[PDB]
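Just so it is clear, chain A uses the PDB entry numbers, and the residues here are 1-181, in order. No hydrogens, no waters, no symmetry mates; every other heavy atom, side chains included, goes into these values. As the structure lists them, so they are numbered: ligands from 1, and atoms in each ligand from 1.
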Amino acid sequence: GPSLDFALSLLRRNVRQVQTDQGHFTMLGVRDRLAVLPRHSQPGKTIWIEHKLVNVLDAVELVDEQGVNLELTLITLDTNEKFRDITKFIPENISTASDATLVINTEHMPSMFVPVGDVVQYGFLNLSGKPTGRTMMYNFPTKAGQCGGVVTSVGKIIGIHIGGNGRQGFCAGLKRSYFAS
Ligand SMILES: CCOC(=O)CC[C@H](C[C@@H]1CCNC1=O)NC(=O)[C@@H](CC(=O)[C@@H](NC(=O)c1cc(C)on1)C(C)C)Cc1ccc(F)cc1
């Protein structure tokens, strides 16, 4: 329902195709020159965005208050573009959902939407040997190439896709405070 239309608007204004040396990812533009990627994309000093090479001014790998990996990297892009500020749609606390849509946009998987259904609290995740906190899980067979995908519910941006085991998928939860100045 209304979830899907919200997801479509977010795609056009805030979701971009990127490529690093690690491959193709979806990127969420958060506000102005600030964006977020899965940590394992390992963005360097230059990144491909929508067929242009773009300088990266700064990058920070996010951890929680105890130091646990959140599997998210915040980057500031050297770009003319200024993302519409979508932080008001990110909840203050990690939020589950009943009818979520995953928004993917890479060169190999352009502009696609996947109804993943319920997104439930999971927490600690061992992701190919890398400990990760604050994850959520969906019972949907997500696949390689979908990392960075944005998990949304009606009027809420709740996660970034980071992994899966063939039958289930997992996202890093989003909190508004990650993006505070
Ligand atoms: C290399 C290409 O990379 C990509 O395409 C990025 C996106 C894919 C999407 C997966 C691809 C598959 N189904 C999915 O949804 N993500 C991964 O592959 C990650 C690994 C897993 O998902 C692992 N899963 C878990 O550990 C796992 C644990 C439980 C529990 O559930 N899944 C692998 C075993 C698949 C990549 C990763 C490697 C090292 C790290 F430090 C941290 C992350």
Peer 1: State which drug is present at ligand 1.
Peer 2: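 The name is rupintrivir (bound form).
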Peer 1: Per the PDB entry, what macromolecule holds rupintrivir (bound form, ligand 1) with the most contacts in this model?
Peer 2: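 Most heavy-atom pairs belong to 3C protein.
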Peer 1: For rupintrivir (bound form, ligand 1), which residues in other chains have any heavy atom nearer than 4.0 Å?
Peer 2: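 With non-hydrogen atoms counted, the site is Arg39, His40, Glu71, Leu125, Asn126, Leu127, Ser128, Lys130, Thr142, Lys143, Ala144, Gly145, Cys147, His161, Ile162, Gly163, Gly164, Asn165, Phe170.
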Peer 1: Does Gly163, backbone or side chain, put an N or O under 3.5 Å from an N or O of rupintrivir (bound form, ligand 1)?
Peer 2: yes
Peer 1: What is the closest protein heavy atom to atom 19 (C) of rupintrivir (bound form, ligand 1), and at what distance does it sit?
Peer 2: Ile162 O, 3.7 Å
Peer 1: Under 3.5 Å between any N/O of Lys130 and any N/O of rupintrivir (bound form, ligand 1): does that happen in this structure?
Peer 2: no
Peer 1: Find all atoms of rupintrivir (bound form, ligand 1) within a distance of less than 4.0 Å from any non-hydrogen atom belonging to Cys147, and give their numbers and elements.
Peer 2: 6 (C), 7 (C), 8 (C), 9 (C), 16 (N)
Peer 1: Is the closest N or O pair between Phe170 and rupintrivir (bound form, ligand 1) shorter than 3.5 Å?
Peer 2: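 Checking rupintrivir (bound form, ligand 1) against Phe170, no N or O pair falls under 3.5 Å apart.
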Peer 1: Please check if a non-hydrogen protein atom sits closer than 4.0 Å to atom 13 (N) of rupintrivir (bound form, ligand 1).
Peer 2: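 Yes; the ligand atom in question has protein heavy-atom contact below 4.0 Å.
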Peer 1: For atom 21 (C) of rupintrivir (bound form, ligand 1), what's the nearest protein heavy-atom neighbour? Residue, atom name and distance, please.
Peer 2: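 For atom 21 (C) of rupintrivir (bound form, ligand 1), the nearest protein heavy atom comes out as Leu127 CD1, 3.5 Å.
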Peer 1: Test your reading of the structure: does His161 have an N or O sitting under 3.5 Å from an N or O of rupintrivir (bound form, ligand 1)?
Peer 2: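 Yes; the residue has a nitrogen or oxygen that sits under 3.5 Å from a nitrogen or oxygen of the ligand.
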Peer 1: Below 3.5 angstrom, do we get any N/O pair linking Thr142 and rupintrivir (bound form, ligand 1)?
Peer 2: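 So rupintrivir (bound form, ligand 1) has an N or O lying under 3.5 Å from an N or O of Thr142.
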